[PDB]
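All chain A residue numbers match the PDB entry; in order, they span 3-167. Order of listing sets the numbers, starting from 1, for every ligand and every atom in it. What's counted below: heavy atoms across the whole structure, side chains too, no hydrogens, waters or symmetry copies.
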Amino acid sequence: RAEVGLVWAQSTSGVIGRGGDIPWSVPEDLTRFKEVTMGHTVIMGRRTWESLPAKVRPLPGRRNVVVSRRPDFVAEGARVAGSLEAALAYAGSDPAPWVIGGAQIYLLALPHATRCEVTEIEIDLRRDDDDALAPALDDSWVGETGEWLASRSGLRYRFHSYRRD
Ligand SMILES: NC(=O)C1=CN([C@@H]2O[C@H](COP(=O)(O)OP(=O)(O)OC[C@H]3O[C@@H](n4cnc5c(N)ncnc54)[C@H](OP(=O)(O)O)[C@@H]3O)[C@@H](O)[C@H]2O)C=CC1
Ligand SMILES: COc1cc(Cc2cnc(N)nc2N)cc(OC)c1OC
């Protein structure tokens, strides 16, 4: 088995996206994200692809895979996959492909997943109807939660690192 991983950043309340963007500034999260995903396949939903600045995509040093129901969708510098099953196939021999968002794609991949790396951001965001939300993890997941750390931005964050099987 490839060890299928999910990686995301959420507010304590579970928001991951608002108005198409990440609704906070925590540089340290992007560092952790890169440190987690470098050298691996990164699988993402079409909307997440379009949320990435055009100048920042595809993510360098990683095989980019975009999931869309449209067989003719084009993602320059990425492979387009018609299902999470097809995306995982494209990861080939990668021992640890990572699913990197967003909300709909996390729900799709969750049944396949054996690792989650979650950054929690201490910011008071009240869930709105149009927010993208993190999936809820049940207690079949085990691992560790680090201490709260001060970001350069003045917010606190911490890492959660879970596995199952
Ligand atoms: N805080 C964080 O860690 C992160 C936050 N984000 C945020 O999350 C938000 C995006 O999340 P979300 O809106 O849910 O969108 P997603 O990024 O999950 O992509 C949704 C798209 O995936 C495709 N898709 C969904 N299900 C299937 C399926 N079963 N088979 C084939 N294709 C499928 C569809 O594309 P199509 O319509 O083209 O067919 C759909 O529109 C953005 O705001 C982004 O900024 C993103 C990544 C990380
Ligand atoms: C490298 O920059 C981005 C990375 C991500 C995805 C992402 C970001 N952080 C974490 N912890 N997990 C993720 N999947 C999402 C982004 O925007 C939606 C990014 O652009 C700022």
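Modeled at ligand 2 is a drug that PDB records call trimethoprim. The main binding partner of trimethoprim here is, in the terms of the PDB entry, dihydrofolate reductase. With a non-hydrogen cut-off of 4.0 Å, the residues around trimethoprim amount to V9, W10, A11, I24, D31, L32, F35, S53, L54, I102, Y108, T121. Shown in contact with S53 at under 4.0 Å from a heavy atom are these atoms of trimethoprim, numbered in order with element: 18 (C). The protein non-hydrogen atom at the shortest distance from atom 7 (C) of trimethoprim is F35 CD1, 3.7 Å.
At the top of the distance list for atom 21 (C) of trimethoprim, counting protein heavy atoms only, stands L32 CD1, 4.4 Å. Listed by atom number, the atoms of trimethoprim under 4.0 Å from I24 heavy atoms are 15 (C), 16 (C), 17 (O), 18 (C). What sits closest to atom 20 (O) of trimethoprim on the protein, heavy atoms only, is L54 CD2, 4.0 Å. Close approach of trimethoprim to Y108 (heavy-atom distance below 4.0 Å) involves ligand atoms 14 (N).
Of all the atoms in trimethoprim, the ones that sit under 4.0 Å from a non-hydrogen atom of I102 are 6 (C), 14 (N). Here the protein heavy atom with the shortest distance to atom 11 (N) of trimethoprim is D31 OD1, 2.8 Å.
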